[PDB]
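Entry below: contains CB3717.
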There are 2 protein chains.
Amino acid sequence: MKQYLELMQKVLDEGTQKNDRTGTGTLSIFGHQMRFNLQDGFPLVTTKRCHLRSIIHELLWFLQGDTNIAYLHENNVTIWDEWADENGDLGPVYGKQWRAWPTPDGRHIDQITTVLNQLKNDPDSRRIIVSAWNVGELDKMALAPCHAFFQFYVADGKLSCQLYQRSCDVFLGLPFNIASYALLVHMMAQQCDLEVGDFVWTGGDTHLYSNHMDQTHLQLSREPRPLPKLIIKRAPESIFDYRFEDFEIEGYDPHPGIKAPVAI
Amino acid sequence: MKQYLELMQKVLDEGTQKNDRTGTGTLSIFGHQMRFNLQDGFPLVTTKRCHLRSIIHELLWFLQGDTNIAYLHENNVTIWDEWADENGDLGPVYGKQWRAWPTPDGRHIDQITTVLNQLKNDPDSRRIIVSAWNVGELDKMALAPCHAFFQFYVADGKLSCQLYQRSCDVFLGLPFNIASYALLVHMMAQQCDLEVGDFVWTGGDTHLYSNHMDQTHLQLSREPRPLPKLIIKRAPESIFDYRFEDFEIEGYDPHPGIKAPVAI
Ligand SMILES: C#CCN(Cc1ccc2[nH]c(N)nc(=O)c2c1)c1ccc(C(=O)N[C@@H](CCC(=O)O)C(=O)O)cc1
Ligand SMILES: C#CCN(Cc1ccc2[nH]c(N)nc(=O)c2c1)c1ccc(C(=O)N[C@@H](CCC(=O)O)C(=O)O)cc1
Ligand SMILES: *c1cc(=O)[nH]c(=O)n1[C@H]1C[C@H](O)[C@@H](COP(=O)(O)O)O1
Ligand SMILES: *c1cc(=O)[nH]c(=O)n1[C@H]1C[C@H](O)[C@@H](COP(=O)(O)O)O1
């Protein structure tokens, strides 16, 4: 896509060589913002072939409050294996924080149904937020949240969402992170009888790993194809009731897929 | 200031009419980003005289880990008066969360000490964050954090910071928060012997209150002047020890005044 490709060029043009914990080394920039009107089409990259199967399963799983990868395995999704323990646990990552953020006085807050009650009763608050950034449990998480915090907005009967990504693997992670939040926005908008608006991505440390420059120049030598279209074949009684098969992607004709190694 | 004036017009040009919680009405935009190179001058707005004693005390107030307006009144800062209770309390707002995030198991996490430690021992970290968005104690706050989450980044011996602002009063709050965060950056740079970098500002609900229309018009018609220079008279033995008297600004000759009411 237009936006992602210009971001990729920005990191190359303006990036600085930094060392990272994985020991790989990146080219990185700090702070970037991009916007996608979900009315133009579903933001799934076309310059490389993506797999919706795994984006959809990881999203169903977070909505479930699940943080053990077995579900992921039942479905042939291995994106998280590298970080699970012997039991398949990741610790209290995304799904846990989303659905049961632990308070100091022994409560758990379900952030997802709270955002849904606001959308329904005061679509105008300035506090329609879900955070995965639980400071108190960061130490128990297999990896700290990359997509850390997000806020919903309703203006002309359209639902928008701005995500704050503290850490971004531009090559492997981003295409996946954008496809995922876009699916979410469609999910919520369908629950609320609203139209989809814009998806705003905002980044912290936005980088390209060292072992990814070749794949980066190869991708960049390509012209984006028209954006795919998302179709939902049902309106479930709740956002927690969606099924993998309720979704169809129409008109996706991507350029060939490009392989790159994930960093540690 | 230029980026600052430019956002004021964007709001007038594209803002959506919203019914506010305060019941005041607003012109709003969702998702905005601006960047200030700290090497170019201290970002205090010049299109209106800004009063720095209150910017200074509020921040020293936050780093002390205080939620009582007592300290502030002793320094004549009246800013948080309409929100505190009868004991002068705000609940577990900013200062509290920076300094003593309460885990679910009794303990406290000192996010400013964790940050200083990181800047010193692991400057390449993609996790140098301070979050005031403790979902677990929102209920207990006089008002939910506006300036909600921030991240530090070290690149060529320079120190950058990105703030995520979920709600912004463009006329009244914006200039304040901008100076506040430009100020911490210099304090951390000094205490870490780093160069100042960029201060990146990202907001969510970015708005103009209906009763700030005259003040805005007035403002938009004045010419930005050159940015002051920030001077730190002494080098405290810790970020916990700065003081009103430690900071001097030179080169500031702002335009006269503008008085506007605050939204309750
Ligand atoms: C983000 C995210 C969710 N997740 C989690 C996840 C966990 C840790 C991370 N660590 C690093 N260094 N980069 C990440 O993007 C990353 C992503 C993913 C994990 C792996 C792949 C990956 O290997 N994928 C594809 C290639 C296609 C692509 O790069 O989309 C593959 O099938 O090889 C994608 C997403
Ligand atoms: C953000 C923030 C911190 N705070 C907190 C704060 C809390 C609630 C809010 N409520 C609303 N509706 N808008 C805000 O900007 C706002 C700001 C501030 C509060 C008041 C002023 C203010 O009235 N300023 C005047 C004169 C103040 C003076 O005498 O110095 C001015 O034009 O500066 C500034 C900052
Ligand atoms: C995290 C997972 C995901 O959702 N998206 C991301 O891009 N990643 C990336 C960013 C970075 O390369 C890494 C995490 O490492 P760190 O916590 O920043 O050290 O995975
Ligand atoms: C919050 C305080 C701050 O430091 N910055 C500000 O800009 N404000 C503002 C924004 C908004 O108008 C109001 C808070 O209201 P809400 O919680 O967003 O409804 O004060």
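Lettering follows sequence order; numbering is per chain, from 1. Keep in mind that the numbers below use all heavy atoms, side chains included, and drop hydrogens, waters and symmetry copies. In each ligand, atom 1 is the first atom listed, and ligand 1 is the first ligand listed. The deposited model was determined using X-ray crystallography, 2.0 Å.
- Every copy of CB3717 considered, the relevant parts of the structure are ligands 1 and 2.
- Here the macromolecule with the greatest number of atom pairs within 4.5 Å of CB3717 (ligand 1) is listed in UniProt as Thymidylate synthase.
- Using a 4.0 Å cut-off on heavy atoms, the other chains next to CB3717 (ligand 1) are A.
- Taking every heavy atom under 4.0 Å from CB3717 (ligand 1), one finds A:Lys48, A:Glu58, A:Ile79, A:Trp80, A:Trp83, A:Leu143, A:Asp169, A:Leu172, A:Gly173, A:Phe176, A:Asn177, A:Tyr209, A:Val262, A:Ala263.
- Inclusion of A:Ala263 in the set of residues having an N or O under 3.5 Å from an N or O of CB3717 (ligand 1) is warranted.
- The shortest N or O to N or O distance between A:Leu172 and CB3717 (ligand 1) is under 3.5 Å.
- Polar contact with CB3717 (ligand 1): absent for A:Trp83 (N/O pair, distance under 3.5 Å).
- At a distance under 4.0 Å, a protein heavy atom can be found next to atom 7 (C) of CB3717 (ligand 1).
- In the deposit, the organism given as the source of chain A is Escherichia coli.
- In chain A, the UniProt-annotated active-site residue lying closest to CB3717 (ligand 1), at the minimum heavy-atom distance rounded to 1 Å, is A:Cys146, 6 Å.
- For atom 32 (O) of CB3717 (ligand 1), the nearest protein heavy atom is 4.0 Å or more away.
- Filtering the residues that UniProt lists as binding dUMP in chain A by heavy-atom distance under 4.0 Å from CB3717 (ligand 1) yields A:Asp169, A:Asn177, A:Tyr209.
- At under 3.5 Å, a nitrogen or oxygen of A:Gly173, whether backbone or side chain, sits near a nitrogen or oxygen of CB3717 (ligand 1).
- Near A:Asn177, meaning under 4.0 Å from any of its heavy atoms, are these atoms of CB3717 (ligand 1): 1 (C).
- Within a 4.0 Å radius of atom 17 (C) of CB3717 (ligand 1), the protein contributes no heavy atom.
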